[PDB]
Amino acid sequence: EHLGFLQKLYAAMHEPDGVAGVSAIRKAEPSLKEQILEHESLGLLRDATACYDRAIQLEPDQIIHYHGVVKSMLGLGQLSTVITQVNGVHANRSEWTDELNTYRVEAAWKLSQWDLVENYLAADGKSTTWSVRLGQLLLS
Amino acid sequence: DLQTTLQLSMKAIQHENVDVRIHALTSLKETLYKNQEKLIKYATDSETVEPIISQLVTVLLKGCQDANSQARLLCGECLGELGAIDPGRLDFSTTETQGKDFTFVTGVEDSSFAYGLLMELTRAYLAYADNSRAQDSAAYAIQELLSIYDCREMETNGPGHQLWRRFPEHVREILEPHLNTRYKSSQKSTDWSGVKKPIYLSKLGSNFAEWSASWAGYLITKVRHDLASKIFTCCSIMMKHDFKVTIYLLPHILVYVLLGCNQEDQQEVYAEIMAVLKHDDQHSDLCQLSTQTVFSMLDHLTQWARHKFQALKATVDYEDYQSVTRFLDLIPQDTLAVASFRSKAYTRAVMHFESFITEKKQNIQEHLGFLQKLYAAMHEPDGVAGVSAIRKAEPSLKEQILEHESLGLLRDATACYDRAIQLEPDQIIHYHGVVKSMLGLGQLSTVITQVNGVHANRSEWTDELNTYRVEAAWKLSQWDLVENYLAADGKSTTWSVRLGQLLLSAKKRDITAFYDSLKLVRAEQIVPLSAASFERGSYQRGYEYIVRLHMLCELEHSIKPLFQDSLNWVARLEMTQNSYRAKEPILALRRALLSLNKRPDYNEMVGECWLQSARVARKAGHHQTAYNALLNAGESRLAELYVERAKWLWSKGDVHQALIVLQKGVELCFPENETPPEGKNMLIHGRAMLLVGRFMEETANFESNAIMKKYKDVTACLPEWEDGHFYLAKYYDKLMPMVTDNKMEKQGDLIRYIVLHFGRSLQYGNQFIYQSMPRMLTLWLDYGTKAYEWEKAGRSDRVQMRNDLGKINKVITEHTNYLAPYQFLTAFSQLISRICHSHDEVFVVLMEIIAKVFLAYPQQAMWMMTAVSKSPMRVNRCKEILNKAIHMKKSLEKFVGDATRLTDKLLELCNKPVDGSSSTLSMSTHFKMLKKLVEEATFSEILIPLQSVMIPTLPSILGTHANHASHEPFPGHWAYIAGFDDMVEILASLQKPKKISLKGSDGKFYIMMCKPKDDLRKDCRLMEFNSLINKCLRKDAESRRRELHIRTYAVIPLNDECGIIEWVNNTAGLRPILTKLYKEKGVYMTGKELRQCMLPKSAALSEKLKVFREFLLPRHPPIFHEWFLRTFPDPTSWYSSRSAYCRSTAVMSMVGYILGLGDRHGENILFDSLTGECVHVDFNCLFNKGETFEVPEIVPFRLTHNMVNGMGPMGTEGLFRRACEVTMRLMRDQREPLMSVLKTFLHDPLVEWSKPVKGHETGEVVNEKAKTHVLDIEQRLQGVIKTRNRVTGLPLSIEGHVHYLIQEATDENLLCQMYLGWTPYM
Amino acid sequence: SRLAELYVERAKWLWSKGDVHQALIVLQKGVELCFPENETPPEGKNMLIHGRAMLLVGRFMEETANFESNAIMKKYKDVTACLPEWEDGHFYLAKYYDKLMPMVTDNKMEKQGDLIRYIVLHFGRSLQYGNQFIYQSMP
Ligand SMILES: CNCc1ccc(-c2cc(-c3nc(-c4ccc(S(=O)(=O)C(C)C)cc4)cnc3N)on2)cc1
Ligand SMILES: CNCc1ccc(-c2cc(-c3nc(-c4ccc(S(=O)(=O)C(C)C)cc4)cnc3N)on2)cc1
């Protein structure tokens, strides 16, 4: 009855082994949120990108799932795709652009496009991500 | 009935009056929809669709190149209604009509040529009446054409006399209408002074009709032949009003112009041609048809040159021939290649490029880019893979992106697309690639937002990129978004956008827009079919569009009720070909359709559709999309979802996590609480229990009794399911050798249990018949043999054995009663092999089985028992079996008598000594008794023993009531022996065997060679095996897409040393084919210098290699490509036949390696003149008997340098290697049925394994090497290489095995050692 | 970018995916491209990469079943002759000799003397040049 709480604890502690244990213990079919938590904890990112798109289809107003999708695209090495994805999310929703600026700034300083890095940084003051800080240092 | 209906409708659709055709087609669509249940039964009840369905499919696929648009659309709708039957279920063999192949291959001055001229000009004379300005020339042209030749029906057999003979005398009546009526000729021409010298592409030659006329006239001026000049003058002017006979005469005009004239006239035509080819369209229709007619003329030129070469081989002739040959040589082959690629004549581009590479020695490496582009344009993945394997340099990124698109790996391709976007940002094809790959993985939301982003930064692109937004939207069921995106752009016509428009208009309930768009989409889909059907293997090549028609039919039938559905969706999906590309679009559209109208159970139906998608994508290997489908299949089928997840994990190799998930699901859904009797839930419980039992069997943890109890559990859950009984029985079979110490005396009751469960499984299905029946009969009969030997030995355990043998006999008797005769028919040859069993009670039971099968199918059975009936113990046993069969039904008395008489007279024919020498013996004079016998009216009708009527067709998994009874094996035409053609042909090739030709009841003639002094039992069993491999190749999606197939003739042994073999028409050995080409070239080696070239087997390998490399290979250059060039002149047929040769050689190379086929010398490999496909004969030396010869055979199969040459400039890479890998993969997947049949073949007591001893018991002759041969065959099927030689390694992969085999077969160090009769040099 | 390293890494990647055959094919194709037999690689890092690739080829060959021992031994000796200071060459040569010793000599120590000398010699040189395989070579 309490496996959800336990798995969220172990995911917060960053214990992937506890998440794997809770996964092995469940008799019931895992939720989709639990599958996403299981994949984020034990890195697959392909199982996870499938799950993220499935969640976006089921719950389309959560920024968390777009975070997941773009982070997975970034982990695979698809930088141009990441910039375009963030631009689309920004196209149909502007509020999310500030939270997703991290990934476009990272893809920009990894692609070595300093013009894009400059724009994306100028249009941000709230992000203290490691990605944005590294981008600011490289632009300086 | 509906069989009569379909037959008469098939003949009505093929009517000349297009209105009759249209009415027949409309009523046929109505009939197909109304009789959908009977048609689904026809298509799905056997492994092959009933013959009528095959005829209907061919007739429709042809009625769809018909000109009238309504007829095309109509056969398209009827092909959709009929379903997209798997091409492997349909049989298109019946329609290898000549068709495109008629007569008049080469014509120059013959009045066959003039008759073509005259009838084209009669089409013109009716085209004269169009409007009179064309009167002017058409009339006088026809008049002078009549004047030039005999224009009349003079009772004298005058040339033009028999051309009036030629004319369909309606047109010939037109000719006689005004025989001498000069229609006031123009008489006028404009001499070509100051004419635009680059004619094509300027003043008078800027359009196709005018350009053709102008160039044809300038050529008219140049020809110096007295006769040809006459008629070229004749129609000079109507070539103005006629583009088509301009097209007709240009080919010959150029021939005459070049057969000798001023050199700069030559150069004028040459520069004209080169300007046509060199010029680049867009750098409109004039380009197209200018190049097309230039190709016309050059084709005629090379054809005429070949005919001329033959004539001169059989002076002025030589000078003219050299003239036209030189003009042909002057045009560069690569110019023609790139011109053809521009024209989209891809096969012609391939022909020209290959001739360029070989004729003018060129390094293929410099031209690999063009070749990869050619093969990617032809949608030929094998050529792209071959170019990738040939290339030495590192692949460009574009060349990498092409290879991935063709080979079909979408993740690697997505990475490549991203890197490409980074490298070249403004190219749109790359964004196309990435969005296509996102859509393929099922990432639909990501596709929508990706296209939105591309739109945001570049708005121009999001009109080509709108296709993917619309597809993703109608797959998400987001109808608002579909509406927006569609309204945005009306330009796109891609299938996804048409489907989105259709579904959207169904959503809005707009009936008229729906039906208009439906007609438009159907027409668009039929358009490519009309081009594809002009072909060989047309159904499979156009299968994508037939699946689209299938989808459109399902769509319309599902939508109609909304507007104002009997279609069976499961049967319609099972017919389809087992591929991802075939079934996935269907299921996606089905989910959309379920969402369009929401019934109560659609949350469950959509889940079932997602699970079917999962199982389809898994079997194909798309584990990522399989997982996405599993995710989308939410619930309502929890048990099925757990079984699918278990199978997915198993396929990913993770058998442990698979077993864990499966046990979890089986406890969750079928808890120990309650017995699931709930029908479908009981079936799912049984399937899950069986899957668990299997998983256990592969996992090394579990005990034997645990697995056994799990299997018994499944057989108790579902007691009428074949799979449970089969797996139980084969597991018992596994554990029997261990449990009993491999001593059969204790194996008795275990054998009884195994036999019983094999038979039970057979009662409820035929899916494992080739593992069940052979093994059941083997175990029973061999335990009988053992019991007999013990009885004679006297041991005390032999009484135990008598008892348990009695019990096994009782089990086998009950099986005899319950099973259907065709099921034993599948093993009849084994049953007959065991007729000389020593134990008499075992023989009584065997006799019951054989007599049952004989009463059911007396024709097949009689043909299979002829040999043994004529063999002493074999004769007596077979006579007892026959007597029993006659006793059960006395009508068989007359048939058996007539068959024995016919057969022993055929035997006399085989053994009749040919009187001295003459290649012909008359039936009327030399035999006079076989003819009488067959001519009598009382003589029973004896089936012609072709392979189609000897090999049974087993019911399919779908068919409930067809199975185990009410199923007709051997469906299709049966042709009985109506009579003998008089002429008998003696053959000098195969050791003097006659060639009688039987006349069938249908009127067709079947050529049957009557070979003597050979035991064909081995060949008979081998043909059975090859036919099983043929079934397996048909069912496989990739095998069928490549059209892999083994050409199996019919071998019927009449006697221990005689037999009749079905002659394979239109074939010649590789050695005669090559020898003819070497003789034409004038480079040949008589037996003399071959003798002097041969050295003793004592000689060291180095001497042999030097002889081979320095004398035999230089004398025999590779020429086998010229056979393909001369036999298949059309580029389409040349390409089809070259690829057929590659695929067939590959299939039979792999199968021969598996079977140890040896003695593949020149004659033993025949090549079809019509299809290009390889046919192997003389299957005597099997299972590595070659290594026993005095000069052993060290090559796995035959791949000499001339064969590799025939394969093309890529060589063994490309199509040959990829067909080899497909065959190897399929033969490893089916290792267990193939190995069952092979075990039964290698232990056959009737096959003459050892030549009979000189001095002259039981008819049986045991095979000593049986165990060795079985172990070696199963090693080869596992990948294990005999060549250890102080090396221990793992089994080779399929690619590694194929590579090793090819490099062993083509190795010169091995070939030099082969006997010279094998002709390793040729 | 100045990379036969690229071919060695492709070969290792394919071998990791389990595709040992295409690994060997790509590696032998890239060894023939980057190190054509005409001109020897005598240079600095290029001799290093040549030796790395030749050893990787020998190991692929050893794993594959169709190759027989003489060719594998010759490849390993090639590696040790190209890079005599490198430890892996000697180690793998001696390991292969140790493996094929039982078969060649029928598991009889008497004929194993000469093979044993070669094996210990190359184990020892291995040790002289590195310690990476000390627990397999000294024991
Ligand atoms: C999304 N596709 C549709 C769908 C959805 C669910 C299922 C399903 C449910 C289970 C299941 N899995 C586990 C489990 C999993 C992982 C680990 S782990 O430690 O490896 C680490 C990866 C956490 C350990 C145990 C335990 N109990 C179970 N009931 O398995 N498959 C099948 C198809
Ligand atoms: C060889 N020693 C024993 C032996 C002898 C014969 C057989 C045998 C024959 C056939 C068979 N042959 C052909 C065939 C053969 C050759 C040519 S040819 O153009 O080379 C020209 C030189 C004749 C053309 C056609 C067509 N259809 C068939 N069924 O099948 N098995 C088997 C074993």
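Proteins come first, then strands; the chains are lettered A, B, ... in the order of their sequence lines, and each starts at number 1. Shown: partial entry. Contacts: counted within the shown part. We count ligands from 1, going down the list as the structure has it; atoms in each ligand are counted the same way.
The drug occupying ligand 2 is berzosertib. Lab note: most contacts to berzosertib (ligand 2) come from the chain the PDB entry lists as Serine/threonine-protein kinase ATR. Other chains reaching under 4.0 Å from berzosertib (ligand 2) with at least one heavy atom: B.
Most residues of chain B that touch berzosertib (ligand 2) lie in the UniProt domain PI3K/PI4K catalytic.
Residues with a heavy atom within 4.0 Å of berzosertib (ligand 2): B:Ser989, B:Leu990, B:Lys1011, B:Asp1014, B:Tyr1049, B:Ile1061, B:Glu1062, B:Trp1063, B:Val1064, B:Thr1067, B:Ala1068, B:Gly1069, B:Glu1163, B:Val1177, B:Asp1178.
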